[PDB]
Every structure is written in structure tokens, then in C-alpha cells.
Protein chains: 2
Amino acid sequence: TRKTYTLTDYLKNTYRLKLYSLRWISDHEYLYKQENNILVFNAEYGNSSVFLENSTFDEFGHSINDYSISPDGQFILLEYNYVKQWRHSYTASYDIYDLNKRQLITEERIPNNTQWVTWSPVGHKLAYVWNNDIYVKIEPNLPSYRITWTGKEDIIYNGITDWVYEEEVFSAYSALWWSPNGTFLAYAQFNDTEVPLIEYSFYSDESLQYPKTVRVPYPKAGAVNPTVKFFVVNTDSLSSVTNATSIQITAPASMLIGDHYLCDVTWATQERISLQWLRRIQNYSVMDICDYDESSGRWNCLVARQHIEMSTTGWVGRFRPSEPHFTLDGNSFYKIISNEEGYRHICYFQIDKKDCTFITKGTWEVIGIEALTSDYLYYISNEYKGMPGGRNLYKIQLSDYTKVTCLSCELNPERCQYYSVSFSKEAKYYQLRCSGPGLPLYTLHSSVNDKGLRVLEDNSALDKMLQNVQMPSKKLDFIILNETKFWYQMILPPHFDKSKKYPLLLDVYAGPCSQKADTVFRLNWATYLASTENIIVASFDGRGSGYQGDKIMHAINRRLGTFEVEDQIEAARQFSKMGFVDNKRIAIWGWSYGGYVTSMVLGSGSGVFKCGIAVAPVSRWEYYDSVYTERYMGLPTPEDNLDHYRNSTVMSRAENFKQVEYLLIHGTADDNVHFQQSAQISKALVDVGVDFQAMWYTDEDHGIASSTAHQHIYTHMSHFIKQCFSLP
Amino acid sequence: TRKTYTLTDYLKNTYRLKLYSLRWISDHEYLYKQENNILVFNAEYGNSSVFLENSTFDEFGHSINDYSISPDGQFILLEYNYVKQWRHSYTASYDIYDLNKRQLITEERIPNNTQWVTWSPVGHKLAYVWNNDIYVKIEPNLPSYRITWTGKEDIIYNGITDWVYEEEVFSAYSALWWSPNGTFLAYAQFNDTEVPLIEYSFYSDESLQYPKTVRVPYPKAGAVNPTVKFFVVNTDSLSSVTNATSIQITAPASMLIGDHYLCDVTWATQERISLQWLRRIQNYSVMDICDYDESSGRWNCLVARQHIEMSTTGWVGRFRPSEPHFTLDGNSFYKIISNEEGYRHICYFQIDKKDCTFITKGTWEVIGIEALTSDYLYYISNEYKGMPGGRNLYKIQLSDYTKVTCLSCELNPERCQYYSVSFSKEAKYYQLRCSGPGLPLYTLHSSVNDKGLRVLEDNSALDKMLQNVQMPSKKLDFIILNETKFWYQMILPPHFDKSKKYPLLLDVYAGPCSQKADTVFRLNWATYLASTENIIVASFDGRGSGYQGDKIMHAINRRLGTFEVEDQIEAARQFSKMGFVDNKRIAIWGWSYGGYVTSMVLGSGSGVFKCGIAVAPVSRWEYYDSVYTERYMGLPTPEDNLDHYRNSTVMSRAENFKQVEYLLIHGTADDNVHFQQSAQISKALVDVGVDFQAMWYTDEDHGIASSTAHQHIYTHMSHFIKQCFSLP
Ligand SMILES: *[C@@H]1O[C@H](CO)[C@@H](O[C@@H]2O[C@H](CO)[C@@H](O)[C@H](O)[C@H]2NC(C)=O)[C@H](O)[C@H]1NC(C)=O
Ligand SMILES: *[C@@H]1O[C@H](CO)[C@@H](O[C@@H]2O[C@H](CO)[C@@H](O)[C@H](O)[C@H]2NC(C)=O)[C@H](O)[C@H]1NC(C)=O
Ligand SMILES: *[C@@H]1O[C@H](CO)[C@@H](O[C@@H]2O[C@H](CO)[C@@H](O)[C@H](O)[C@H]2NC(C)=O)[C@H](O)[C@H]1NC(C)=O
Ligand SMILES: *[C@@H]1O[C@H](CO)[C@@H](O[C@@H]2O[C@H](CO)[C@@H](O)[C@H](O)[C@H]2NC(C)=O)[C@H](O)[C@H]1NC(C)=O
Ligand SMILES: *[C@@H]1O[C@H](CO)[C@@H](O[C@@H]2O[C@H](CO)[C@@H](O)[C@H](O)[C@H]2NC(C)=O)[C@H](O)[C@H]1NC(C)=O
Ligand SMILES: *[C@@H]1O[C@H](CO)[C@@H](O[C@@H]2O[C@H](CO)[C@@H](O)[C@H](O)[C@H]2NC(C)=O)[C@H](O)[C@H]1NC(C)=O
Ligand SMILES: *[C@@H]1O[C@H](CO)[C@@H](O[C@@H]2O[C@H](CO)[C@@H](O)[C@H](O)[C@H]2NC(C)=O)[C@H](O)[C@H]1NC(C)=O
Ligand SMILES: *C(=N)[C@@H]1CCCN1C(=O)CN[C@@]12C[C@@H]3C[C@@H](C[C@@](O)(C3)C1)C2
Ligand SMILES: N=C[C@@H]1CCCN1C(=O)CN[C@@]12C[C@@H]3C[C@@H](C[C@@](O)(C3)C1)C2
Ligand SMILES: *[C@@H]1O[C@H](CO)[C@@H](O)[C@H](O)[C@H]1NC(C)=O
Ligand SMILES: *[C@@H]1O[C@H](CO)[C@@H](O)[C@H](O)[C@H]1NC(C)=O
Ligand SMILES: *[C@@H]1O[C@H](CO)[C@@H](O)[C@H](O)[C@H]1NC(C)=O
Ligand SMILES: *[C@@H]1O[C@H](CO)[C@@H](O)[C@H](O)[C@H]1NC(C)=O
Ligand SMILES: *[C@@H]1O[C@H](CO)[C@@H](O)[C@H](O)[C@H]1NC(C)=O
Ligand code: NA
């Protein structure tokens, strides 16, 4: 009998997915790491040469974390002393290696404790942030020019985001944007002076006698938010003036009237930048398009070029307004926006005309715009077979919108229903990355004729390994509720027999615009539960879920902890009705938003679930950050939505936990969902005399992702589920 | 069949011990609160009068926490708005009621948030501490005189202790000492300027959006300690026009050479005060005896009147040097010190002679001196039947030390083997309080011929209730380790059958000078475990335990986490070989020092224990406070005892937890054993891949003592022990 996929398999990564991570350096060449050597590949022919031999930095004296080659290929930026901060942020040391001299640069080094570094998009200028101020080096071995003098720890951030902008607005630590040819450097400045601090203990190595208190400016719902300013500096003037002026571009009057955010920065041309601003009530956004005025040295944004994007049913964008993609001349752009039917499609704008033209339509959504040439726009959508959980690449002819070609749909339709893409610098080539439902498959293609050039990685090694394993299967389908299709997936045990009754674990996330039913191939905890423990692991996309239009997505507007919670309960009831589920053994688990929904479900008194596990749950919306929470909830004030903030807490449901077995887990150094949130759940449970199981993870953050903690948490959870389900 | 003593019985206090808490107000009368009325009793005859009717404060408008009648009976201090701080400290509001004119004083009230208040020992003066400064009121209706002006939150403490002095030196918040007739007020001042702060989160009610950070000056082992000064003020010469003059009494030269503590203050006469000082290396202490100089207004401590107390085998005193008991003229005193055989006995000192004379001797110890007259000294000891865990009252004739009379031994030998005592003002009467092995028994006696006047409370009500419950029994016995007897107790299930095998829980504390094997009657968690669950609950006093001489007590000097741990393992090994113990079901548990020892035992690799529970454990001595830790461990420096600090941690034993089931529990707001200690244990177990059970208690302190948390922890621990022992 073939072995199963065991817990140790998952935790030790015995069965490894191979990737093909390339970095395009031109329109026809990419870099790829093979046996620690960096190789340069010709895309057209597939031949390679050694770009940088793996012995080059043997005598460097530090383990190199990552590298970045300058666009002109003259220098390599070496990243070491990597110290992680939040989801995206980290600090590091940096050295620059001169590739032509084959020599490390030892003068005017990037300082230690540098927060962010980026090459210009052309050539080899560098911008970096150190002690919250911006510096620019025109040449790697020459002195830096200081751009800002206002940086102040935890207070003023120049060219980097604060906590909430990193996590919820930009999905990045960086807050600087080079113009296309590197002449201008645009940047944001955040001011957190009056933003309250989250404070928590960090215990460190056992050698530390007194715990440290970590203090991070973090606006919880309704609290004082950071303010923001936007500036542009001419880097070509730095060597000519003692102190080059950063020119401010102010937000429009419609934004200045109240609290607001900077939510997008996109350069259109060498002398034109677009900015999107979002009101703190996030159903109203404004794009300004601003041109450099050579005579005054200022940036001016004509009101005739200003574009309003608003929502009557919810917030603007999936998580924020979408980015524009400008035509080469910068006089028009394409942007994903919600159409009159509530489906997200590509609209084409002229910069000085307010009405746009939709170039795609239908009951499906465009996921992203991937590339734009003079003749074609390339985008990813879930159109194919009406499956919201699939992804394919399409090409639309700009001179004739009726001509739309699916580039990926039929390449391998059994194996490949979920694609992403990486285009070369001017879109001459593209790499397709298939991520399921079969094993991932990486292929290279030429744009001139859309022909497949070669297979880059087909995971044949893993395929061979998996043939000797009793792997689970995945079912993706839908149920019909109130004449609406809602999609679900099930990870099914090997040799699945529909005449038997299986225990079921509902794996929940269910946040707004989430999607937990898809065609992606995963090797995870669920794989083990199904393969070794014969547990069905199900997920369901109910009201609030994404990629299916605004009627579904905006259903939870101002009402988190309602329909998305109810729909998970209803999904479990419908799974029972299917006949192969032991109704005495239904469980639920989730992380973060999934931890909140798990806890809300367990506290609902539905009687459907025996047990559940919440990891790093939100418990009360007033504890979570302003940008995310208010997007869906508005403000926690009596004039706005306080009543619902107060009605949607886990704590208020404490008495109902007497009916279930609950395991509550949280990292003590979670900067995102504060340990506070679980500390309040446990206290409410103690106060009503509810017994439950708990586990804290010392010094772990939201990811509980250290090697040892990751192994420990899944091991602890596995015991809990197995006990609940009476599994030996 | 009759009922057992259940978990609910323990948690809801179904079976209540009655007390008889009296307050002596003279040599002949005491106060006793009965049905919220305060009565005055005549000791000779037992007749009473109502002193204060319960309905006197019906319209008060605040719930009264406690009361304190002035020594002259003219006034009553009413305590309300009680807010607990640490083990002893709290703040409260106070009102004074005039018992003669039957009215509340509304003039010059004691302020809210008062930290400490006390009547003078004679009359009706008041001293109180507010905002860390001392105030004196000569008459309750008159303005206070401000004594100190330097008080500053968390920095300068006048007349109250800081955290470490409260917990580990004085066992009290007060640092004020009135002279016997109230002329002088002596006080200490603590300076915590350079003492580091422990910081931890406090979550508060759900409504609090951001957790608070609590910061407490707390010296961990080897850190900067508070400094201390001592002063005396004459309260008879205070002025409304001039600031009060406090006279400093400085520490002896032998103390000033390095870090030191003030460890005892005891008035001898109206004009003579004794002080004991202790070096930070706590094996050297000095008593000064200081006389008021009426012509200069100074306090002079003659060097000829200094008394040195030191230890070559350990520290000085059980937890600190003992208090002196001065004769009427103050020219001599009696003090418990360790004799040349290492047994603590009463020594008689002349104030100006170096050599003292021991008045008691033998292989047993004096527990405390209780009263002193010109003819007799009254003391409690464990001499009787050579049982270190029993306690009886004795008197010794001061003119002939061979004449020692036991006053409690034979009163009721079967019921009463553990006594404490409360004497009237000049020792004319005494109340005996028997606390086991039978139900507590309170009796009143006259000293002149040791007549047993009357039974005050015999708990006959509880006896009647317990007749219908299957109660456990208690065996107190000894084992021999290496020619020395060491005592243990077992709480044995009802109908105990030595032909059956019972699971066994070892209930451990095992701190230095601890005693867990005694004759005290207790109704606690162990009562339930034995009565209802048929578990034997054993405790053992091994090396380091108290009341059996220094050979045993000082065995762990400079070596915590060694012999006291080994001896618990050895006791369990011996119990496991008894015919009535199931060697497959032996568990261990304890709180604080007991949590440390439990964890050290579970990490020993002994294989004797299946499971255990540690509650608020110490895990590493460098995390614990200076005064306690250094008493036993010296300083954590390479030149002193660092090596042993480093090899006595729980964390180093983590790998050995692989073969046990462990439950780790800690309150998040424990100001004493910081949550940090358990946070480091859990991290070490995670790092070696050991699974275990955990529970945090949000906002609970060292006691985990709120009604709801208390019920929850014992419920959780009960489930854990029952699961471990396979009990339904
Ligand atoms: C891949 O092969 C091509 C062509 O075979 C290489 O391009 C150059 O080809 C000329 C022939 O005219 C040779 O003289 C050179 O060796 C090549 N140029 C350079 C700059 O090396 C190409 O180099 C190969 N690409 C890689 C990445 O190895
Ligand atoms: C960041 O914002 C704060 C206000 O939150 C600014 O601080 C104020 O500055 C003015 C001086 O121009 C003072 O009069 C106020 O006392 C300050 N207010 C507070 C609350 O501190 C600060 O100048 C801003 N910093 C930057 C670089 O823009
Ligand atoms: C470069 O120019 C900036 C902008 O004028 C200077 O920043 C100002 O510095 C002064 C005092 O040092 C402050 O009063 C202003 O509030 C600052 N303004 C801003 C926008 O930061 C900066 O100091 C100059 N650097 C040098 C070397 O002169
Ligand atoms: C990058 O773009 C910038 C902005 O358009 C160019 O700078 C301008 O160059 C023209 C010459 O064609 C001058 O008339 C302007 O004075 C320049 N403007 C500014 C603001 O500097 C720049 O030359 C381009 N760089 C390269 C390398 O082509
Ligand atoms: C202790 O606190 C109370 C409440 O602050 C004080 O009571 C007074 O009455 C009301 C509320 O009960 C307050 O608004 C007044 O400010 C209080 N002041 C006075 C002068 O009556 C009470 O006075 C405080 N006691 C002392 C001794 O300061
Ligand atoms: C308490 O004791 C003090 C000190 O012995 C007494 O104060 C002395 O009293 C006599 C008068 O009989 C004076 O001659 C001394 O000068 C006083 N000394 C001081 C320091 O004040 C005091 O009388 C006693 N008080 C009571 C109420 O008995
Ligand atoms: C008090 O205890 C200390 C520590 O046990 C003793 O310290 C001695 O003196 C120095 C301290 O640096 C050490 O080098 C010696 O090794 C210690 N002597 C020993 C262990 O015998 C000190 O002697 C003690 N004091 C008394 C009065 O016994
Ligand atoms: C966990 N799910 C917590 C609590 C509720 C929201 N949340 C977040 O972390 C929100 N931040 C993001 C928002 C989206 C989706 C997730 C990844 C992210 O990068 C984009 C950040 C969570
Ligand atoms: N056992 C728990 C923790 C950790 C180790 C010492 N400790 C104390 O609380 C020490 N402080 C005292 C505890 C006991 C015995 C002494 C007097 C006491 O009041 C009660 C405080 C020391
Ligand atoms: C970075 O730190 C190291 C070690 O402290 C030091 O030797 C080096 O000079 C630093 N580099 C720079 C660029 O400051
Ligand atoms: C934005 O939301 C608020 C609260 O729901 C609402 O009052 C306002 O009308 C909305 N704006 C738009 C354009 O829908
Ligand atoms: C007790 O009795 C005596 C004499 O009978 C009496 O005078 C005295 O006041 C009484 N004491 C009390 C406290 O009632
Ligand atoms: C307290 O001690 C500090 C030194 O730690 C000293 O500077 C200060 O004066 C002291 N304060 C008082 C009131 O004694
Ligand atoms: C008493 O001392 C304080 C503090 O030094 C001072 O403010 C006050 O003026 C003094 N009062 C008199 C009467 O000297
Ligand atoms: Na009697």
C-alpha cells in the first residue's frame, strides 16, 4: 500500500514544488539562478551564459540574502544583514559590486540600517531611505545627496510607509517612485505625530533580563490617522544646486475638506504623473493628472484632467482604487472599474474627458491589466468557462475590441486553469505560470506570434514522487442559494467513497473580496488531513467574496460579521445534505479574518459544529486598523456605524461557546491583529465559565512562521482536530 | 450513600470554616464583629456590650470595606473605595466618625487615594501617606501637618514601601512606626530613581481600545536596588508656621560600604529605637540601638550597643533577621537566632554586651516569641512529639530556664496539634487558635493560672455538615534519606484501601524555609481530588525546607533548583514503591516556587512522573526579584554565582519534556513572577519541538484570584489531571 501525505511530509517539505523565478533584464533576456550561479538566458533561443559565478562572493564574509542588478547591467546591489519588520518592510546592509571592474565598492557605502533602496528604472542612480530620510546617489561610489531633513523615528516617514500604509494601502514599505527615465523622484511623507501607539512586550532571547516594550504608531478604527504629503524632486539638478527643492503636489479641495489617503502613484510620461486620493470614507476617490511646468518648475494638475471614482453600494476598488495604465504618449489610459452591472471591467479614458469607454463586458471580471503595447492590451480574467476561481491571459486588439484572443485557456485545459504572467521589458516575450489544478507548469512564449517557445519547468520530478503517494483529490463546484451560484471546494480523501460518512473541516477565511474556492494546486495542512486522516476539508465563498461582481462583494457593506458568517453555517448545512458527511463531526478553523469568522460561527448557537480553531482572530472591529476596518464598517461613532461595531464582537457571544470545543491561538508579538484581540476573547470566556483550549506563541507575529513555531502550531492543531473527531 | 466533597463545593465554599477574629483593646477587653455590629467583650466573664450598631452607617452612601477604632475608643476610621495594588498595598478613601458626639467629621478630611493610614498606639493621633508623602493629624478634625515634601510617584516613597520592600522585606505597604506612646513617628524613605521598570500590557475592560502598559520599579537579580534612609520626627512639637524637622538615623559604617537594606524597626522604650540593617549579600546583619538625646534633639546609636548577626552556612534569619522583644525598661531583649547546632532558639541579650545567652535549646525550633512579662516569655515551637509540622504554645520562667511549661499540648491532643495565639495588652489573657488536624477551635485563657476560660468557636456547625460527606483523611509521616528524617503528608481518599493502587499527585512548593507537611486542616482542591476523584495528594518537605534546623534549610544555599528538586523526585520514587500507589499514574503540580520545582522535575528525565502542571512558575532566577533571589543565590556575576544562575533554568531542560504531559498556566498581569518567565518556557519547548498544554489568564495577577478566573483555572486543571489519570 502506498504511503499517505503525512503531517511530517507537510512540515518537513519532503514533496517540493519547483518554481521558475526569472528576472527580465531587457526585452529579450532574463536572469535565472541555477546551482547558486546566476545565469543569463536568451529568450528567443533558450541558450545561456553565466552572468555571475556562484564562487564570486565566497570571501564576502556575510551570507547574501538577495541581490538587485542595476537596469544598465553595470552594478549589482547586494543585500545582507536582513532583519524583517512587518509584512513587507525590513532593514539591511548593502554593498554595491562593480560588474565591469569586477570589484566591490568600498567608498561612500550605503549606510547600515538602511530601510529601503531602489535603482532608478534606467541607468544606475540609487534612492535610499535611512533614518526616515531620503538620499540619492547619482553614481554608486560618489557621496549621496540628502533630499529630506524631517525624518523622525515613529513620527515622520519620508519615502517609506508607516504601519497602516504598508499593510493596507500600498502593500509595500516603499513610498518613492522614480519617473520613467529617472529624472524625477516622487515621494510621499507620512506624519504620525498624533497617531496612537500599540504597545506590547517582546521577550527576546532568554538572556534578556527585562522584556522590551514594542511601540508602533497604529491607528485603530476611528482613531487619529497619519496625514500625508506628496513631493517631486528633480534628481538631475542635484549636482548643480546645494539643496534641490522638493515640489509639493497638494491633494484636491474635495480631499482637503477632511481626512483622506494617498492611494496610488503612477507616472504617465517623463513629465506627467497621476495620483489617486481616497476619502477616509472610502466610497469617493479622485485622480489628478499633473504636468511639469518647465517655466515655473512647478507641477500643475488641470481640473479638466481630474477623474472621480465613487461607489453607491460600497467602497471604491477591490481593496483600493485600481492603477491606471497609460498609453505611451500619456494622453489616455486603461483602468479596471466597476461597470453599471457591478462587474469589474477595463475602461478606456482620454485624460481630459470625463466619460470612459468600456472595452470588456460580461458577467465575469478582469483581475488585472498585465501589459500594454501600441497594438494590444493583455489582461487576466476569470471569463473562461464562467469559473470565478480560474484565471487566464487574454489579448485585446486596440484598433478592434471585438478581437479578443484567449492566450492560455486551451494550452493544457485539464492541467492548467489558473495562470499568471510575466512579460519582458517591452512585452516581446511572456512567461506563463500555471498554478493548478494540476502540478504547476512554467512556459515561455513569443508575443510576435503567440507561439510556445519551450517548457521551463513542468515539475516532472515531483510528479514521479507523488505517484507513490495516496494523494487527495480536489472538487470545485457550486451550490445555488436564492438563485445565486456560490462556489465551494473540497479536498477529498484518496479513494473517496460517497456512500461513507466523513468528518468535515470547514477551512474559512471569508474576508471582503476573498476567494477560497479556486483551481490552485496546494500542498498544505489540508492535504495531510484529507490524505492521512480521511477528513474532507471544505471551503466556501459566500456573500462578501470577490471576483463575482459587486452584488456579492458589497453584500456585507457596513455589516461585517453578518452574512459572511451566516453563509459559512449554511454551507456546512448544505454539505451535510450531500450525504457523505458525518454531521456529528463538523469542525471549522481559520486565521485572522478566518479566526474571526470561526469564532463568530462557534458563538452563533447553530449546533452545526462540534469544535473549531481560531488563529490570530479579530474579536472586535474597534481593535483593528482604521484603513481596513472603516473601508467596510465606516466610523465607530453614534452618527455613523457604532451600533454595528458593538453588535459584531466575538465577546458578546461568549455564553454560546458552552456548546462547542474551542482552541484559541495567538502570537504574542502580532503587530497586525494584536494579541489584545484574543486576550479579550479569553477573558470573556472565563467570565461566563466556558472551558476552552489556548496556546500563545512567544514573540511570534501574525504569520506564526518561524520554522519551529510553524511546526509546533500545526502539530498542536492536528492533535486537537484528531481528538475532536475521535481519530487515533 | 453520602455525597463527596466536589469541585463545586471547593469553588463555591459550600463548607465554611468559622473564625473568631477578635481585636484586643486593653488588657481585659476585646472587640468582635457580630452580624455587622461591633461588640466589646470582657475577657474575664465573656459578657458583651454593643460598641457600634450596624445601622449607624445606613445612610453613609458608600460600602465600608473595613474599620479601625482609635486606641482610646473615641473615634472610628471608616475605609471605603478600596482599590488593591500588590500583595499588601492598596489605596482607599477614609472618613472619621466621632463616637462621643455621634457624628462624621467633615472638617480637614483624609484625602481620597490615601496609601496608608494608622492611629498612634495610644490616644487618637493619625499618620497617613498620600501621594507618597507623610501627613500627621493630632486631632481628627484639625488640619494635617505635612511631614515630607519629596514624595514622587515610582521614585521617592516616604512612609510606604516600594514593590520589592513590600513583597520581600516588610510584608507590608507601611513604612511608618509610631513610638509606644505616640510621641515620635519613625519612617523609612525609599529611592527607586535608578531601579529598572518591569513593563507589561494590561487589557482592561473590552471598551478600552488600546492596551495600557503597566510600569513598575522592580529590581531583578543583580540589578540596581532601591536605596533607603531612616528618619524620626517628634509629633508633639509640630508647627502650623514651620516645616517639621525629621532627624535622620544613618546606617552603620559596615552597611554604608556597599548595597544594603533596612530590615527591621522595633521601638524599645519611649526614647529608644532598634533598627536592623542587612547587607545586599544577606549573610551579615547589624542591629543599632538608638537613644533620644533630649538636650540636642538628636538620636545617638552607641557602637557599644551594636549587635552583629551573621551566618557562615547561609543567609541570616528565616526570610530576614528576626525581631527583638524588649523588656519593660528596654535594657535587654529576647531574639530568635540560629544556635551553634543550627537550630533557631531564643537568645537573651543585654543592650550593651556582645554575648547573648540561649534560653531554649534542642533539636526543634522556636517559631516565634508571642508575649513577654517580667516573669515569663511565651513562645510557639514545634518541640512537642518532635513533630516539625506541629505548633504549640509554651512559657518559660525567666528566673529558671529549666522550667518550661507547655500550655496547649494537652488541651486536645487528637484534635489540636497546630496553634497560634493572641495575647491581651499586658498578657493577662490569651486566645488560642487551633487549626488542625481537626476542625479549628478557638478558646480563651487567663495567664495567671492558665485557666481555660471558655470555648469561643468550636465549628460544631461545620462538623454536623461534614458528617454527611465522605471526607478524605490525612497521614503525616516521614521517610529517611541519608540518615535524616524528612516528613511528608498524604491526603487519602475516603475508605482508603491499602490493597488498592491509587494514582498520586505530588503537590509541591519546596521554596527555602517552606513547610508543606503539617497538621493543619484544609478544605482545598486536594480535598476534592481525594474525596471525589480518589487521588492521593502527597506533599514532601526535603532539603531546603524550614523549621528543622540549618543543616536542612541551608542545604540549598547558592544552589536553588538542585537538592529541593532531587528530593521531590526521590520522595515520589519512594511513594511509587508503596503498595497502594499506581506507578503509572504519578503527577506533580505547584504554584510560583512550586511551579519552578514542578517544571524542573518534569525536565529532569527521571521518568517517574506522567504529567504535571506549573502555575506562574519561576523559570530563570535572573528574571526574579533581587531581595529574594540573591538571599539564596548571591549575585549573577562571574565572580560570584553566575554559573549556577545559568544552569538552574527550566529552559535548559526543554528536551526532557518530550516524555511528559505538561500544562503551563500564567496570569498576564503577574507583577511578581512576570509572565515573561512562562513566555520563555513556552518558547524553549517550541524550539525543541515538544508539545504541551497552555493557558494564559488575561489581566490576572499572581493569585489568579478573581472569582471567575479562580473557578476557571481549577476547572481546567481538574480536566487535565483527570485526563492524565484516565478518570471519567
Ligand atoms: C545565445 O546565442 C547567441 C547567438 O548564437 C549569442 O549572441 C552572440 O552571437 C555572436 C555570433 O554572431 C557571438 O559572436 C557572440 O558570442 C554572442 N554575443 C555576445 C555578446 O556574447 C548569445 O551571446 C547567447 N546568449 C547567451 C545568454 O549566452
Ligand atoms: C507633523 O504634524 C504635527 C501635528 O500633528 C506638526 O506639529 C505641529 O507643528 C507646529 C509648528 O509648525 C506646532 O505649532 C505644533 O505645536 C505642532 N503640533 C503637535 C501636536 O506637535 C508637525 O510640524 C508636522 N511635521 C511635519 C514635518 O510636517
Ligand atoms: C534644504 O532645504 C530644506 C527646505 O527648505 C530645509 O528644510 C528646512 O530647514 C529649516 C531649518 O533648518 C526649517 O526651518 C524648515 O522647517 C525646513 N523645511 C522643510 C520642508 O524641511 C533644509 O534644512 C535644507 N538643508 C540644508 C542643508 O540647508
Ligand atoms: C528624461 O526626461 C526628462 C524630462 O522630460 C528630460 O529632461 C528634459 O530634457 C529636455 C531636452 O530634450 C530639456 O529641454 C529639458 O530642460 C529637460 N527637463 C528637465 C526637467 O530636466 C531628460 O533629458 C530625459 N533624460 C534622458 C537621458 O533622455
Ligand atoms: C473624594 O472624592 C469625592 C468625589 O470626587 C469628593 O466628593 C465631592 O462631591 C462631588 C462628587 O461626590 C464632587 O463633584 C466634588 O468635587 C467633591 N468635593 C467636595 C469638596 O466635596 C470628596 O470631596 C473627596 N474627598 C476629599 C477628602 O478630597
Ligand atoms: C511619651 O513619652 C515621651 C518621651 O519620654 C514623653 O515626653 C517627655 O515628657 C516629659 C514630661 O513628663 C518631658 O520632661 C520631656 O521633655 C518629654 N520628652 C519629649 C521628647 O517630648 C511624653 O510625656 C509621653 N507622653 C505621654 C502622653 O505619656
Ligand atoms: C557571605 O557569603 C559570601 C558568598 O558565599 C562569602 O564570600 C566570600 O568572600 C569572597 C566574595 O568575593 C569569595 O571569594 C569567597 O570565596 C567567599 N568565601 C567562602 C565561600 O568561604 C562571605 O564569606 C560570607 N560572609 C560570611 C560572614 O560568612
Ligand atoms: C487578517 N485577515 C487580518 C484581520 C482582518 C484583516 N486582516 C489583514 O491582515 C488585512 N490586511 C490584508 C488585506 C489584503 C488581504 C490580506 C493580505 C494583504 O496584503 C491584502 C493585507 C490581509
Ligand atoms: N513562590 C513564588 C514566588 C517566586 C519565588 C518566590 N516567590 C515569592 O512570591 C516570594 N515572596 C514571598 C512568597 C511567600 C513566602 C515569603 C513571604 C511571602 O509573603 C509569601 C512573599 C516570600
Ligand atoms: C556596518 O557595520 C559594520 C559592523 O559594525 C562595520 O564594520 C561597517 O563599517 C558598517 N558599514 C557602514 C557602511 O557603515
Ligand atoms: C459614502 O458613504 C456614506 C455612508 O454610507 C454615505 O452617507 C455617502 O452617501 C456615500 N457616498 C456615496 C457617493 O455613495
Ligand atoms: C461585664 O460585666 C461587668 C460586671 O457584671 C460589667 O460591669 C461590665 O461593664 C461588663 N462588660 C461589658 C463589656 O459589657
Ligand atoms: C534619589 O537618588 C538619586 C540617585 O539615584 C539622587 O540623585 C536623588 O537626589 C535622590 N532623591 C532623593 C529625594 O533623595
Ligand atoms: C516647607 O517646604 C516646602 C518644600 O520645600 C516649601 O514649599 C514650603 O514653602 C515650606 N514651608 C515653610 C513654612 O517653610
Ligand atoms: Na472553661
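Chain lettering follows the listing: the opening sequence line is A, and each later line takes the next letter. Throughout, chain A uses the PDB entry numbering, with the displayed residues spanning 39-766 in order. We number chain B the way the PDB entry does; in order, the residues shown are 39-766. Note that ligands are numbered from 1 as they come in the structure, with each ligand's atoms numbered from 1 the same way.
The drug that appears at ligand 8 goes by the name vildagliptin (bound form). Within 4.5 Å of vildagliptin (bound form, ligand 8), most heavy-atom pairs belong to the chain that UniProt identifies as Dipeptidyl peptidase 4 soluble form. Counting only non-hydrogen atoms, chains lying under 4.0 Å from vildagliptin (bound form, ligand 8): A. The structure places a covalent bond from vildagliptin (bound form, ligand 8) onto A/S630 OG.
Each of the following atoms of vildagliptin (bound form, ligand 8) lies closer than 4.0 Å to a heavy atom of A/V711: 3 (C), 4 (C).
At the shortest separation from atom 21 (C) of vildagliptin (bound form, ligand 8) among protein heavy atoms lies A/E205 OE2, 3.2 Å.
For chain A, the UniProt active-site residue nearest to vildagliptin (bound form, ligand 8), measured heavy atom to heavy atom and given to 1 Å, is A/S630, 1 Å. For vildagliptin (bound form, ligand 8), the polar-atom distance check against A/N710 finds a nitrogen or oxygen pair separated by under 3.5 Å. Of all protein heavy atoms, the one closest to atom 16 (C) of vildagliptin (bound form, ligand 8) is A/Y547 OH, 3.9 Å.
Defined by non-hydrogen atoms within 4.0 Å, the binding site of vildagliptin (bound form, ligand 8) is A/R125, A/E205, A/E206, A/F357, A/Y547, A/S630, A/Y631, A/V656, A/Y662, A/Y666, A/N710, A/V711, A/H740.
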Between vildagliptin (bound form, ligand 8) and the protein, which N/O pairs fall short of 3.5 Å?
from: vildagliptin (bound form, ligand 8); atom 1: 2 (N); to: A/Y547; atom 2: OH; distance (Å): 3.0
from: vildagliptin (bound form, ligand 8); atom 1: 2 (N); to: A/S630; atom 2: OG; distance (Å): 2.4
from: vildagliptin (bound form, ligand 8); atom 1: 2 (N); to: A/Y631; atom 2: N; distance (Å): 2.9
from: vildagliptin (bound form, ligand 8); atom 1: 7 (N); to: A/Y662; atom 2: OH; distance (Å): 3.0
from: vildagliptin (bound form, ligand 8); atom 1: 9 (O); to: A/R125; atom 2: NH2; distance (Å): 3.4
from: vildagliptin (bound form, ligand 8); atom 1: 9 (O); to: A/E205; atom 2: OE2; distance (Å): 3.0
from: vildagliptin (bound form, ligand 8); atom 1: 9 (O); to: A/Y662; atom 2: OH; distance (Å): 3.2
from: vildagliptin (bound form, ligand 8); atom 1: 9 (O); to: A/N710; atom 2: ND2; distance (Å): 3.3
from: vildagliptin (bound form, ligand 8); atom 1: 11 (N); to: A/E205; atom 2: OE2; distance (Å): 2.9
from: vildagliptin (bound form, ligand 8); atom 1: 11 (N); to: A/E206; atom 2: OE1; distance (Å): 2.8
from: vildagliptin (bound form, ligand 8); atom 1: 11 (N); to: A/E206; atom 2: OE2; distance (Å): 3.4

